[PDB]
S.K.: 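One structure, as structure tokens, below. Some questions next.
Lettering of chains follows the sequences in order, A, B, ..., and the numbering in each one begins at 1. When a ligand or atom number is given, it counts from 1 through the structure's own listing order. Side chains included, hydrogens not; waters and symmetry mates left out as well; all remaining heavy atoms used.
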Amino acid sequence: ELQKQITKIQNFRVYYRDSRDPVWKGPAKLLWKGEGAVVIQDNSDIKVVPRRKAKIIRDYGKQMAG
Amino acid sequence: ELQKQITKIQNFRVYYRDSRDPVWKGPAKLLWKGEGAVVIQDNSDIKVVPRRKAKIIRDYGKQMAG
Amino acid sequence: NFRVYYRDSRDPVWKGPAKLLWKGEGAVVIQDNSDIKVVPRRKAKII
Amino acid sequence: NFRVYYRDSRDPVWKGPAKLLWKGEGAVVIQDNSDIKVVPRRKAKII
Amino acid sequence: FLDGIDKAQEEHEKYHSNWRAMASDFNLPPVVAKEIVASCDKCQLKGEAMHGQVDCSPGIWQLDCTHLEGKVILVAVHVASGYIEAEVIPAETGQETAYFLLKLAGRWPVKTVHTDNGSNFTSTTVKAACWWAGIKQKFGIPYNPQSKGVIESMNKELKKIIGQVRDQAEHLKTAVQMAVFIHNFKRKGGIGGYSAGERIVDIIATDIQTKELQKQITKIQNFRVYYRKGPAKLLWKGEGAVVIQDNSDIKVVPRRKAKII
Amino acid sequence: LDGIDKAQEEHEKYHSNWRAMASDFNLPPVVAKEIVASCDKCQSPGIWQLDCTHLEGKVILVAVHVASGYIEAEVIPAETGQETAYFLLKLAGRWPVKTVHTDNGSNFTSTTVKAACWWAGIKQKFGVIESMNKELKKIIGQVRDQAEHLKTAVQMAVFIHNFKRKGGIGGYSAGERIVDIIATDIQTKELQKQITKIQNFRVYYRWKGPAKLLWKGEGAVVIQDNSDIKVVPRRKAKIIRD
Amino acid sequence: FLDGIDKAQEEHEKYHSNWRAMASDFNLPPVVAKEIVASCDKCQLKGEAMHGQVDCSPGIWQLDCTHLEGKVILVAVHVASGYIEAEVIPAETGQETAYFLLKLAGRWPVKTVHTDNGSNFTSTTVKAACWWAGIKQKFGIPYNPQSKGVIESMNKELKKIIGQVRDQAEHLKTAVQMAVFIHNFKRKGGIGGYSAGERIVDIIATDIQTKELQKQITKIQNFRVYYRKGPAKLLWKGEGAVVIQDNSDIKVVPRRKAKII
Amino acid sequence: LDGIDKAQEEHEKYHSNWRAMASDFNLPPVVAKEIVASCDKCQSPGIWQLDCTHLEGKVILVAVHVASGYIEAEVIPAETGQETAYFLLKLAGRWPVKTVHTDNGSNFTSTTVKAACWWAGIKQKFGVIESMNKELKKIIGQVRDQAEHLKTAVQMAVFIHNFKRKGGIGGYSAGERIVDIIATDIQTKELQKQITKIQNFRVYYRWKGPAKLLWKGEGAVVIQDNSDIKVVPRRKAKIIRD
DNA sequence: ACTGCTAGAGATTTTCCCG
DNA sequence: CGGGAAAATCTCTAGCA
DNA sequence: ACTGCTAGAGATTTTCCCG
DNA sequence: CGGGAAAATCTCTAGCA
Ligand SMILES: C[C@@H]1CCO[C@H]2Cn3cc(C(=O)NCc4ccc(F)cc4F)c(=O)c(O)c3C(=O)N12
Ligand SMILES: C[C@@H]1CCO[C@H]2Cn3cc(C(=O)NCc4ccc(F)cc4F)c(=O)c(O)c3C(=O)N12
Ligand SMILES: [Mg+2]
Ligand SMILES: [Mg+2]
Ligand SMILES: [Mg+2]
Ligand SMILES: [Mg+2]
Ligand SMILES: [Zn+2]
Ligand SMILES: [Zn+2]
């Protein structure tokens, strides 16, 4: 029921940036999504990210390669 | 006689750069000087440097602070 | 409070000091002689 | 040998291929239709 | 150095010496020298050495006009994917800009538009069109093309492809449409090795999908968490950490000192 | 991996598709696709439909993505091949257009339209478009008074149709539906790429004969021998190219 | 993929696809896709992403002209120290440039000059003046101000100080001379926390001193070294390393496998 | 450090200066300067001399750095205070000019020259210049034919004097000599800065009374107590500001 | 109260393929 | 486990005018 | 065969001063 | 040995037009 939803949210990849770094930080792992903040998992490090800074995709592609 | 000359050459500080790095590398230590190449000591690492890339000074103020 | 010094949009001359009204990531909002202005942090200095 | 492709001094259009005659740190010397030219490595590509 | 500051002040009133010169010469501490330079209006001449970051929410487009061979090309980019839409228009007028935007918003979901302050964009026509199709208009800082860096770089790229294909077409508008096709489907790279077309489809589908999934989770998962403080809604929990949202303030706390009810 | 036998049993009970196995028992999509392709008893996103419509003495070019009902329309100065070709070139640079279905007409059967189709890699073929033109005209009448010129009303009707009208299974817009359909299509093309990549290899395990490579992972290699998918450790297998 | 290359070629002949698009689509190896892009002349559109390094030998000056309030300011910088000399001249002519250079070379030791290709610099007058005072003229690549980055940045800095002091002077030439004084003696930083004036004095004195010391060492220290090869002059030795110069090729070798005679 | 007593003996035998000790027995310059300053029995780079010269009906402004004999000259349109002031402002922005010695004249005793001297921090004072003007004129005559206008011959003579004529102790040019003199002067000002920095401290060691801080290093602190320089370990001493 | 970015070209550092 | 080879990642630039 | 650089403004990381 | 404070070092930008 619910754990399926949690893990499916979990399959979504999050690219994001921080305040002063122009480089986009590698795919994290989507944990929660709100109207303005995204909560991710970047190398066993949970960060919260402003929505305006996070590009969220699935990577159709990585997914079909498993 | 001669060792005085060697150590005096040794007191001279060499700033220098390498082929693709725009940053000037901190004061090395002048070992030999020729018409086109300079031989220095940069952190127990002997390098040869094109003259056109090496600025050589004494640091009059380091010298008078000993 | 803070003084703000800032290049205006096109003019090359630096103006100021102005009051800081707001500071964001990337831009500031300043008041210089009853004239609210929004300057990039690249074109401004806060003391 | 190498082909060289290069922005000329002011013209925005890329020219080439030309022969490599010399390569330095920072610049190259090229021949394009009996016309020796000295181009910055920023404005040139060697294949 | 109480005596030197007066000498360092009169001197700076003439030469405007950087803090290092005054510290060396008048034997002042670095903080005092910096304080002398810091209070001279005639020395505040340089801004901060950083760059901002433009918004990349899945609903924001950057629009600009650009010129090529006497014609005006109107260009949009979807910021998150790099997906472009362009069109040779006959005039940088508000009528031709409002019609272009009405077409964009009827094709893709457009929430905010970000442009400079050129007249075609600051029109009442573009404003009533954005109003009709619920679009929010952001205007960057005047004469700050950096605020629209995405669309400006896309101008660069669009014109590069147009130069590559121009000989395959008679008229410029055909070259422009071919370049839009080429950028959208024939160039792969970026975050998921994608083309801009695939990437925008992913960004839009992901947005739909995750919003749905979360509506479902929050309809099912109903809990209140007390930590350290008062009650706080539970967002997600796992691996010895419990992200909560209290009083519209998201925070991550360790699993200890946090009880779920 | 461990549930491959369970997935095989599942397919022999309900004839479900590979996506179901991949979502349920956690299998790489190539392995699920192989399981669903092993049973003979168990055996669109790029087609657009084009047509012209006339309204108040002006011609509207209408293109409908049939799989979704998503519509792209504009007013054109004249029913010419130049205008049909410019429309088509705009459409293909914005949505992946593989096939266009048109009626027997002049604009659509023109060397310039043919040249645009050839440059963009679009195949041509000569009651959906009729009904959805009717609905387009209905919305154009519903909003005509909100715009002076006809092209603004046409684009306002396009907007309303693609995003303000809702129906079907779960009530989605045509924009929602086309995005999901194109996303499924990108998934499909990616899985086809992965298959076309791996099917050029053979595997030797424990040696036994040749065996088709399906999936290749960190500490396992899923293969196929005599119509029977089997997992072997990587160190005990050798992969070659043929 | 032998079959796909033909399809990837005909396609690139139309869309000019980057290597990633063709590799993804036509299932080609990355090397083969890159080879397809690499042979299309219509895709060679970008140069190398580096920068050269200008010469900094103690005898090279960079000269440029610059404009301020209708007047022409002729500027020189000593590249190694940042020491500037400037002057409001009445015309960017060869006569006023040759006279300026004759004065510079009579004040400081000037070996090479590096300028752009403006007419005042490519004159026969500037050439005969450089010839009279044994100066070598380098001309950078045409329309490459990067080759003269030092003097160009010094133009920036000179004009900034001129703006700071302009109100203290009536005429521009006075403002210019004050700005030269201020940059040369009232701004400290760089390699030895120096002002440009002190730094140039150090660079010139060091050059004299070390050339002398080495003439003396090489007059005294006379040895031939055999390593691994033939004889080789010994330059310096110490700490398990013996830098030698064989056939005009300096090399550092470890102390082992190297005998001094 | 260990040779401080040897340096003290050396100064009592030959009255040599601090630079000799610092170069010989390896001592920080403040400590050598202290040793040389402890014996009472053992007790220019910025002065320029200006004058005008007349040649072929034109006035040459000549400035000679007296310590070296290095010359800076140009032709000026007129013997005015504006031209003398512009000359002076150019000279001080290029060489460290502290004091100018001029004859009793108009150009040199002008409010504009005075204002230029005040802005640049130059003190004014009203047979070197005469002899070196003679030599300047000699070179100007030697090279006059190699240049049409007089100012080119004046700058060619400046060049020759500053760099092609050689004499004195070891045969140096005026440019060589002024560079060495200014370099010695920068050394001198730096050692004065270090003294003026350290003399605002007192040291307590082993406690004993106050003691002047001389040098402060990594594992030692050289001080002075009762006119006797002494070295103490850092851990056994405490430095304060007074 | 708002904000540089992009895509290619060489260089460097991970990742992999089989003895 | 170890080089060699390939791929991924990093570094940096022009143009957008 | 020739070549981006400089100086200031915030940020980060060493170095130091004494318990 | 250890924080706190200071200094040195690093990072990055505009203008040179
Ligand atoms: C009259 C409208 C409104 C008011 O201002 C003008 C002038 N302008 C100038 C540039 C420009 O200078 N691009 C070069 C650039 C430099 C740096 C960077 F980060 C990005 C860049 F594009 C534009 O692009 C642009 O669209 C306009 C324009 O539209 N207008
Ligand atoms: C007629 C002479 C000879 C032939 O070319 C022209 C035109 N020119 C143009 C610039 C210029 O564009 N500076 C901006 C800049 C940009 C980048 C950078 F790295 C350094 C920079 F200074 C000059 O500075 C300059 O002196 C000249 C000049 O003298 N001439
Ligand atoms: Mg614009
Ligand atoms: Mg623009
Ligand atoms: Mg120039
Ligand atoms: Mg210039
Ligand atoms: Zn100031
Ligand atoms: Zn191509």
S.K.: What would the PDB label the drug at ligand 2?
M.R.: dolutegravir
S.K.: What does UniProt call the chain with the greatest number of heavy-atom pairs under 4.5 Å to dolutegravir (ligand 2)?
M.R.: Gag-Pol polyprotein
S.K.: Can you list the other chains with a non-hydrogen atom under 4.0 Å from dolutegravir (ligand 2)?
M.R.: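 The other chains in heavy-atom contact are G, K, L.
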S.K.: At a 4.0 Å heavy-atom threshold, which residues contact dolutegravir (ligand 2)?
M.R.: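 Heavy atoms under 4.0 Å: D64(G), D116(G), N117(G), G118(G), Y143(G), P145(G), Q146(G), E152(G), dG4(K), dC16(L), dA17(L).
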S.K.: Numbering the atoms of dolutegravir (ligand 2) from 1, which are under 4.0 Å from a heavy atom of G118(G)?
M.R.: 2 (C), 3 (C)
S.K.: Return the closest protein heavy atom for atom 24 (O) of dolutegravir (ligand 2) as residue, atom name and distance.
M.R.: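 I find the closest protein heavy atom is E152(G) OE1, 2.8 Å.
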S.K.: Does the protein come close to atom 8 (N) of dolutegravir (ligand 2) - that is, does one of its heavy atoms sit below 4.0 Å from that atom?
M.R.: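 When distances to the protein are checked, atom 8 (N) of dolutegravir (ligand 2) has no heavy atom within 4.0 Å.
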S.K.: With a cut-off of 4.0 Å, which atoms of dolutegravir (ligand 2) are near a heavy atom of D64(G)?
M.R.: 26 (O)
S.K.: Quote the name the PDB entry gives DNA chain L.
M.R.: DNA (25-MER)
S.K.: Do me a favour and list the nearest non-hydrogen protein atom to atom 29 (O) of dolutegravir (ligand 2) with residue, atom name and distance?
M.R.: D116(G) OD2, 2.8 Å
S.K.: Which UniProt domain of chain G holds most of the residues in contact with dolutegravir (ligand 2)?
M.R.: Integrase catalytic
S.K.: Show which atoms of dolutegravir (ligand 2) fall inside a sub-4.0 Å distance from at least one heavy-atom site of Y143(G).
M.R.: 4 (C), 5 (O)
S.K.: Return the closest protein heavy atom for atom 18 (C) of dolutegravir (ligand 2) as residue, atom name and distance.
M.R.: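 Of every protein heavy atom, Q146(G) NE2, 3.9 Å lies nearest to atom 18 (C) of dolutegravir (ligand 2).
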S.K.: Measure the distance from atom 16 (C) of dolutegravir (ligand 2) to every protein heavy atom, then report the residue, atom name and distance (to 0.1 Å) of the closest one.
M.R.: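 Checked against all protein heavy atoms, atom 16 (C) of dolutegravir (ligand 2) sits closest to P145(G) CG, 4.3 Å.
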S.K.: Would you confirm whether any non-hydrogen atom of the protein falls under 4.0 Å from atom 14 (C) of dolutegravir (ligand 2)?
M.R.: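 Under the 4.0 Å cut-off, atom 14 (C) of dolutegravir (ligand 2) has no protein heavy-atom neighbours at all.
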S.K.: What ions or other ligands lie within less than 4.0 Å of dolutegravir (ligand 2)?
M.R.: ligand 5 (magnesium ion), ligand 6 (magnesium ion)
